[PDB]
Structures are given as structure tokens and as C-alpha cells.
Amino acid sequence: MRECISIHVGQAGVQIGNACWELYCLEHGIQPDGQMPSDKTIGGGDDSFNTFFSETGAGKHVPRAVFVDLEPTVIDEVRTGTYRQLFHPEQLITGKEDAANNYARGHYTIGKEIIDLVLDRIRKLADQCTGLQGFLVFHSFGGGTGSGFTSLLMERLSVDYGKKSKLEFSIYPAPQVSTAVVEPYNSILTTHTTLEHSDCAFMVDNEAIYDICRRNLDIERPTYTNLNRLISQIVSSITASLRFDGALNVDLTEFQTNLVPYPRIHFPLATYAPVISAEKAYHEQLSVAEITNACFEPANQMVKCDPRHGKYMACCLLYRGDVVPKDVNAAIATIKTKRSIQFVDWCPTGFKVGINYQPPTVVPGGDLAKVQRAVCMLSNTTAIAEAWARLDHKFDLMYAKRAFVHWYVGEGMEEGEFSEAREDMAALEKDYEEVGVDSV
Amino acid sequence: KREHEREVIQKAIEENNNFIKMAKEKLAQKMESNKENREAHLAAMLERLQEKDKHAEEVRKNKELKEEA
Amino acid sequence: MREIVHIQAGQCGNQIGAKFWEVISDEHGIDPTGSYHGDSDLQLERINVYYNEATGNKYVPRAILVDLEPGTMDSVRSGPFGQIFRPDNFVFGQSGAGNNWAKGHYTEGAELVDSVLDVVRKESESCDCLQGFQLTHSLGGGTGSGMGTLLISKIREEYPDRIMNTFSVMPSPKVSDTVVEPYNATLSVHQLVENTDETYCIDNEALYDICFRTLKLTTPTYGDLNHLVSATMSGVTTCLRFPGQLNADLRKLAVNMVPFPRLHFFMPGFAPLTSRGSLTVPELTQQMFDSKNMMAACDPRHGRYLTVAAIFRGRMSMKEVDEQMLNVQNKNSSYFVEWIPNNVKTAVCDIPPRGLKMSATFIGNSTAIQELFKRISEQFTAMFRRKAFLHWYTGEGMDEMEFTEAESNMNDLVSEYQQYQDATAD
Ligand SMILES: Nc1nc2c(ncn2[C@@H]2O[C@H](COP(=O)(O)OP(=O)(O)OP(=O)(O)O)[C@@H](O)[C@H]2O)c(=O)[nH]1
Ligand SMILES: Nc1nc2c(ncn2[C@@H]2O[C@H](COP(=O)(O)OP(=O)(O)OP(=O)(O)O)[C@@H](O)[C@H]2O)c(=O)[nH]1
Ligand SMILES: COc1cc2c(c(OC)c1OC)-c1ccc(OC)c(=O)cc1[C@@H](NC(C)=O)CC2
Ligand SMILES: [Ca+2]
Ligand SMILES: [Ca+2]
Ligand SMILES: [Ca+2]
Ligand SMILES: [Mg+2]
Ligand SMILES: [Mg+2]
Ligand SMILES: [Mg+2]
């Protein structure tokens, strides 16, 4: 059945999951109560949208999702919200006390109380799957739950599910968008703890989406809702191949094999085009070749960095909507002629492509205008190391003076785990330099 | 060739098998060392409450011995 | 879900604590009888944090009122909100402490401390998830200081994983002529450095100077001084009492405000501070960082900020707030430690305080706070060099060594503040 189980951890992951499953329902015609009139396969079926939704005998399409947060405020809104009966009570897990921006509390202290319960609920969803393909894990780097509990969950999932695919969607912190002083520590600790358990991680620099929303959509002062709705477009493009039937779509295994050249180098740079308001979309259409070119403009990346100063190692271009192969092949042909777009010399063939003819969908309320052709590019570029460097520097400034470290030691951690995690990051930075060097 | 085709799958199984145990064991000690560390950080607070209470009683004794007029 | 347990000891602690309840009950639409008479549903979304739900749609402060002199117990009952308080939570002695720290900490307060813990234990048992305690007290008296610090240790002993917050008032010659106040303050600071996670320094010298110089009050009273305290206390607790995009508790505040465990003595500030006989966002921002608006008699431009938290109140342009905090930060870049990136966070709340369209509350962990402790250490050493009035504390069972230990620890705290003030990124 090729099912995929989504796991949303912490405020960011939960709230990002709210925008994704809202979009999914709009793309599949699922009502807030879960009823799907267009589905005649009542109680089950082998349809492509069943990879993300399970069916009940009463015609209820239930997300294959688990929501976990160490405090109940955020998920409580889901329990009383407009999609309250879309999910099952067992799928919405909450504690009483949060991790307090502390990785250690999310991983060791408050996390342990709830981790065994979370695995059991994930287990319950797995047993309903005939051919579970992998896990999607949405979380922030900055929060204590998103960093500490996610790390705990990823380690436990590797034991209970072995090498089964685990993909992340990670929110890289930024001062613009409600960050905290200790978030660099949490980002480094969770990255190091998760490096060896994640097969492909999709970072989203919250500063980048803040800028895109503030520039492309003319939103003076973006909100989390504005950002999440934009993130959901990228998540939808990546999972469209799995939720819809099609002859030219990219499943997860196909997706990971063509984008990750080495196990540790698994942080693709996401872009989406077109991101445009209704006022600009009025009397204006963009073509396949136009949105393909926009994917290589650093101004549209989901993570702030300069691909022009780095090297590409693999590009995945997921087209959707009114897109024809002939235009796709011509647009990609142009990119290969551009000497401004340099591939490593060990990547002679570096484009994975796909098309999902289902048209892009807009939330009724979401600042994005409804377009007819959209493309999401995911490129493994060395430039992404710039994001690691920025975060590593902030880690060094605080850690040199051991600022805030006592909050982590008080919860049972040792300073050795800080330096070990930092050394792993140093190796990763050197790894990105090594893969970018020309061959002999 | 058949013999090789089968060494491959048996090795692939071993890959996944050892992945689970390097994860089960690493997570095992991280929770062990974290238990000890917070136990020590709480056993040290059982010694500060002990000394703080002991010093309070020494004070109340000194008052007592000073009332002897 | 995140309940705070309020305790207030001594005369000062009860007067400022009473005003705190007389200020936030109005903000939450609770009248003295404990009934809700508000308009916005946001007033109740976090009523739990400070109020217990009682039968009949009544709200009761989660407050514990203490003092060794029973007289002040009646003063609260006579207060504007006296009857809102749960009568069982009044725990009073019969003698008073006479500005003697040892009486409040070791002998007389010790005899009463256990009766208070029972009230503390009862309130804690009726909390869905106890998030911490907050204490309001003075450091120059005898009860709020000596017994207050004892209580902190005992509560920390029973609730080791709960956050301990205090609004500590320390003495100034301009407000109190009591002579042994430097002893009581120094002795209490020795406790607070060890047993509290975050302490707001409400300096009576800063409150006097603000009342006299800025508000033009030739004759300032405890009511004038307490008006600043209540405004500050309402501001620094705004994000605990009201919802928004922040969703933060006491532990998150401590985690991001305290880079080093001992350096948890904050430097409150409030804006605007204007005389009755006389505003834009950039003006709030400039005044908020002005020394004249600080509740601690310290000049931040004599040291460096380790961390800062600014809470803007009232309906205002969000983008205007973000732009001005950027403008103030880079125009004062030197006064922020370079080795803590992004150390100035801002929260914004739509609900303004009573009588103002906009308010700004400042919480700074600055190394300049050492100026305060140096002032007390100077006064302490003056009396301790000659053992002045030392027999007051020895008679209660104390040792002169404990005085030097409290002195040297506070002197060490000054050094540590100076250490990180001089620290460089590279
Ligand atoms: N894009 C996006 N980012 C978010 C959202 N909510 C929080 N963040 C980011 O997450 C970081 C804060 O961590 P959270 O995920 O909210 O904290 P948590 O996972 O709930 O863990 P706790 O520390 O226990 O609260 C900030 O740096 C934000 O940039 C959201 O809704 N959308
Ligand atoms: N800001 C402010 N300070 C006060 C107030 N009341 C007393 N103080 C200060 O508190 C100090 C004296 O401590 P008190 O609280 O009165 O003494 P106590 O805690 O009741 O302890 P004992 O008198 O020894 O029983 C003096 O330095 C006063 O300046 C007040 O209402 N507001
Ligand atoms: C009690 O409610 C508050 C709680 C907190 C903060 C705060 O000041 C804005 C509060 O208002 C009183 C806060 C403290 C400053 C920090 O850096 C110094 C930080 O990163 C952390 C912040 C807060 N986080 C954010 C993104 O603002 C969480 C802690
Ligand atoms: Ca179906
Ligand atoms: Ca059905
Ligand atoms: Ca006076
Ligand atoms: Mg949270
Ligand atoms: Mg295919
Ligand atoms: Mg008294």
C-alpha cells in the first residue's frame, strides 16, 4: 500500500501539520468531518490518497498522523478546532509540562514520561498499514520538544523499525521569527543526535520564509499561519507523488536515491515557484521555463544561502499542474547550458524530474494566489553548509563562556555531549567542503 | 551467481540488524549516564538540605546555651 | 494548566503583594467579591495562572499571606480586596521580628514556617501542574527577609523541580532610617543567590528617585513607591497571565534570561513615567532603556546586558515595535554582550494597563546591577567593621562567621558580574 505515517512534534511541527493536513483535505476533497463524497471505496481501497489517509466503515478518512507535544495548549486547539473530528483522540498526544526550550528536558526528563506512549500509538498506526514506506517527522530545531523529544523519537524509531525511511521537515531558527537565546544549542544537539537516524532532512530557514512572505506576498509582518501555509506547499509538492496516481511521479525511495549522494549529506535545499499574490497574478501567467528559472535564483530558497557560490550534487524538480513533458525537457535543457549553475564533476546526470497533473491548491484564506503550474525544486548543494556555519558560530559564542549550559547539566547532560555534538557539526562542515572539491 | 545473490541479501539483513543494535545500545547508555547524572545532582541536594538543617539546629542550640544566666 | 502559587511575607511584602492583586484583578475583570465582570474573553483564558476556580463562578487568588506581627493581617482584610483572599491562607505570628533577620530565619520565623508550608502544600495539591512560586518581600526588614528566605529554602526542599521567583525590595537610607538594614539585606542576598531561579530587584532608592525627581513628589510615600511596583509587577507577569503568540512560562523565562545560575538578579524598568502635570513607540523604546526608568538604582551604561526582555502593551504597530528594538539595539551595541547572540527578545500584548494606551515593561540582566550590591556592601562593611548592633543576631544563636560568609559571597557575586562584563567574544 506504500503508506506514510506523519509525526508532528512540538508547537511548530503541530502547527505545520495543521496547515499540511488542511491542504491535503482540500486537494483530495475531504470534508472537515472526514467524509469524502468522491470516494466510492468505502472502508478501504488501494487508492493513492490512502497512503496518507485511512478509511473507516463509516466513510471517515482519517490521517495517518500522530501529534505529540509536551504541553497541551497547541494541540488543544486542534481538539476544539475546525478539524477536531478529522483525527482520533488517540492520535493527539499531549503532556502537562513542556520542555521549556531545553533539549535535555525534551530528550531525557519530560520526554521519557511520554515516549513509550507515543511509540505505542505509532505502533497502532503501523499495524493498520500493509506496506509502510516510512515516516515523515515535522519539528523545530529551537524548541525543547521539537529538538529533544524528536531526537528521542528518531532513535527509538530506528530500534523499532530499523532502516525504514525517516524524513524530516525542520524549522531552522531565526531572530526575526520568535526565536530564543538557547535555540542554537538545541539545533546543534538535535542535528548531531539525528544525523545518523535520518535519511533526508528538509530544513526551512524561518528567516527565508519570513522574507518571501514579506516580499513576494506583500505581507508587512508575517504570521506563523502565513509561514506554515507556504511550507505546506513544499510539503504537498513532495508528497503529491504519493497521494495521487500518475505515470511520471517520484515516490519516496525514488526520491531519496536520486538526491542523497552520501548518507550524511542529506539536507536538500527546497525552493517553490511561483510564490505570488492575487494582485500580481491578475492578468499575468508564468510559464514552465519561467518557474524553472526561479528555482535557481537564491532569492527564493527555503534556506538562506548562495547556491551560486556552491556546487550542485543533485536536483529534483517536482512539477505539478498544467505542465507538459516537452516544456519540462526544454526548460531543464536550458539550465544545463547555464555555466552559472555548476554541478560537481562526479554528477554527470543530476536531474530527477516528475509531474503531477493535479493542479496546485490554495487554502481559502491563504495569501497564495491559485496558479495552474507550480514547481518545487529540491537540490543538494554545498551552499547549504552556509546555514550550518551560521548556526555553528552562534553555538561557539555562547559555549565558549558556557552560557546557559547549566540549564542542560541540571537535567542530566554532560558538557561532553555539547563538544561531541559540536565536533560532529565540524565534521559535517568539512564533509561539505570535501564533496565540493574537484576530482583528480 | 546464485551463491552470490544470496550473500547479498544476507548481508543486507546484517546491515539492518546492526543498525538496530548500535541504536539500541547507544540510546541505552545515554539514558543510563543521564540517570546517574541527575541522581548525583539530586543526591548532592540531599546533602545541602542536610547541612542547611544541621546548621539551623546548631544556631538554635547556641541560643539555648546563651540563655544560661 | 500552569499555576503559580503566590506568597508574600512581612509588612512590605504584603503591601506590594496586595497592590499586585489590586492591579491584576482589575486587568482580569475580577471585583473584590471575586466575581467576573469583564468584557473580553481573553481576561479569563489564563485566569488559572493566579486564581483558583471556586463554586458559584468565583475566583480566589492563589495567595498565601504571612507576617510575624499579626497586626498587618487585619490591614489586608481591611484593604480594597481584603475579602477576596482565602481566609484559611492567613498565617500570622504574635510577636513581630523588630528588623532582626535571625528572628525571622532561625528562631521565631522557624516556629511559624511549618504552619505556612501546610498552606503551601494545600494550594499545591489543587494545581493541575504547579509551575512555580513567587514571593514578594523586603530584604531590609526582619520577617519578609529572614523568614522569607527561610521559606524559599524549605519550599525548594519540598519542590526541588519547581521555579522559585521573588520580587525582592532592598533598603535605601532615603526611605528607611533603620540601621541594621544592610545586615538583613546582605544576609538575604546570600540566600537568594543560592535558592532562587530569578529575582526582580525592586530598589527603594530607585523608586524614591523616580517619585521625587521624575514624578515631582517632594514627599513620596509607600503608596507612591508601591504604584511603581504594582505597574512593574503587572508588566513582567503580563505574558504569564495573557495569551498570544508567545505561550511561555516561568521556566522558559529563566532558561533564556539566566546564562549563569547565580546571575539571576534582574533590573526591572517601566515606561512611560510621567508627572500628572504634563506617546509614540520610538519614545517608549528610548525611555524604556533610559536609566531614569529603571526600578534598580543602576546605570546600564556602566555595564553590559547579558539578556533583556521587553514587553510592549497596548494596540500598536507590530512592525514599528520590531524596527525600534532593532534601532535601539544597534545604537547601543556596546552595552550588549557580543557572546550571546540575539539576547534581546520582545513580546507584545494587546491589552494595555489601566490608565494608559501603551506601556513598556523592561526586564534586564545587566552587569551594572553590581552597583546595587556595592552600595549595600559599602553600608554592610561600615557597620560590620565595628560590629555595630551585631549582638542583636548573636543573641539569637548566630555566628560572626556567617556574617562574613554572606558578605564574601555577595562580594564574589559582584566579581562574577564584572567578569562577564569584561569578557570578549575572541
Ligand atoms: N514556521 C514555523 N515555525 C515555528 C512555529 N512555531 C514555532 N516555530 C519555531 O520554533 C521555535 C520555537 O520552538 P517550538 O517548536 O515552538 O517549541 P516546542 O517544540 O513546542 O518545545 P518547547 O520548548 O517545550 O515549547 C522558534 O524558533 C520558531 O522559529 C510555527 O508555527 N511555524
Ligand atoms: N517599596 C516599599 N517598601 C516598603 C514598604 N513597606 C516597608 N518597606 C521597606 O521595608 C523595609 C522594612 O522591612 P519590613 O517589611 O517593614 O519589615 P518586616 O518584613 O515586616 O519584618 P519585621 O518588621 O522585622 O517584623 C524598610 O526599609 C522599608 O523601606 C512598602 O510598602 N513599599
Ligand atoms: C513570562 O513571559 C515571558 C517568557 C519569556 C520571555 C519573556 O520576555 C519577552 C516573557 O515576558 C515576561 C523571553 C525572555 C528573553 C529571551 O532572551 C533574553 C528569550 O529568548 C526568551 C523569551 C520568550 N521567547 C520569545 C520567542 O520571546 C520565552 C521566555
Ligand atoms: Ca478510497
Ligand atoms: Ca469512505
Ligand atoms: Ca517613607
Ligand atoms: Mg511549546
Ligand atoms: Mg517514477
Ligand atoms: Mg513586621
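The first sequence line is chain A, the next is chain B, and the lettering continues from there. Quick note: numbers on chain A are straight from the PDB entry, i.e. 1-440, in order. Just so it is clear, chain B uses the PDB entry numbers, and the residues here are 75-143, in order. Residues 1-278, 284-358, 367-439, in that order, are what chain C shows, numbered as in the PDB entry. Indexing begins at 1, ligand by ligand and atom by atom, following the structure's order. Partial entry shown, contacts counted within.
Notes: drug at ligand 3 recorded as colchicine. Most-contacted chain for colchicine in this structure, per the PDB entry: Tubulin beta chain. Under a 4.0 Å heavy-atom cut-off, the other chains found next to colchicine are A, C. Under a 4.0 Å criterion applied to the non-hydrogen atoms of C:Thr312, colchicine contributes the atoms 18 (C). Close contacts between colchicine and A:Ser178 involve ligand atoms 26 (C) [criterion: under 4.0 Å to a heavy atom]. Distances from atom 2 (O) of colchicine to the heavy atoms of C:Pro259, A:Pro175, A:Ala180, C:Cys239 show the closest one on C:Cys239. Residue contacts with colchicine, taken as heavy atom pairs separated by less than 4.0 Å, involve C:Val236 solely via the backbone atoms N, CA, C and O. Of the polar atoms of A:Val181, at least one N or O is found under 3.5 Å from an N or O of colchicine, judged by distance alone. The ligand atoms of colchicine that sit less than 4.0 angstrom from a heavy atom of C:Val313 are 15 (C), 18 (C).
Only side-chain heavy atoms of C:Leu246 come within less than 4.0 Å of colchicine; its backbone N, CA, C and O stay farther off. Those atoms of colchicine that come under 4.0 Å of a heavy atom in C:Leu240, given as number and element, are 1 (C). The entry lists chain A as Detyrosinated tubulin alpha-1B chain.
Contacts between C:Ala248 and colchicine below 4.0 angstrom, taking non-hydrogen atoms only, involve the side chain exclusively. By the criterion of a heavy-atom distance under 4.0 Å, neither the backbone nor the side chain of C:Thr237 is placed next to colchicine. Residue C:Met257 approaches colchicine through these ligand atoms, each under 4.0 Å from one of its heavy atoms: 14 (C), 15 (C), 18 (C). Distances below 4.0 Å separate heavy atoms of C:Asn348 from the following atoms of colchicine: 18 (C). The C:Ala314 neighbourhood of colchicine comprises atoms 8 (O), 9 (C), 14 (C), 15 (C), with distances under 4.0 Å to a heavy atom of that residue. No part of C:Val255 comes within 4.0 Å of colchicine, judged by heavy-atom distances. Remark: among candidates C:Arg251, C:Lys252, C:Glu198, C:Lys350, the nearest residue to atom 16 (C) of colchicine is C:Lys350, based on non-hydrogen atoms. In this structure, residues within 4.0 Å of colchicine (heavy atoms) are A:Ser178, A:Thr179, A:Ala180, A:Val181, C:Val236, C:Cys239, C:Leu240, C:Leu246, C:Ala248, C:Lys252, C:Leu253, C:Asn256, C:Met257, C:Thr312, C:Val313, C:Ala314, C:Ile316, C:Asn348, C:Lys350, C:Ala352.
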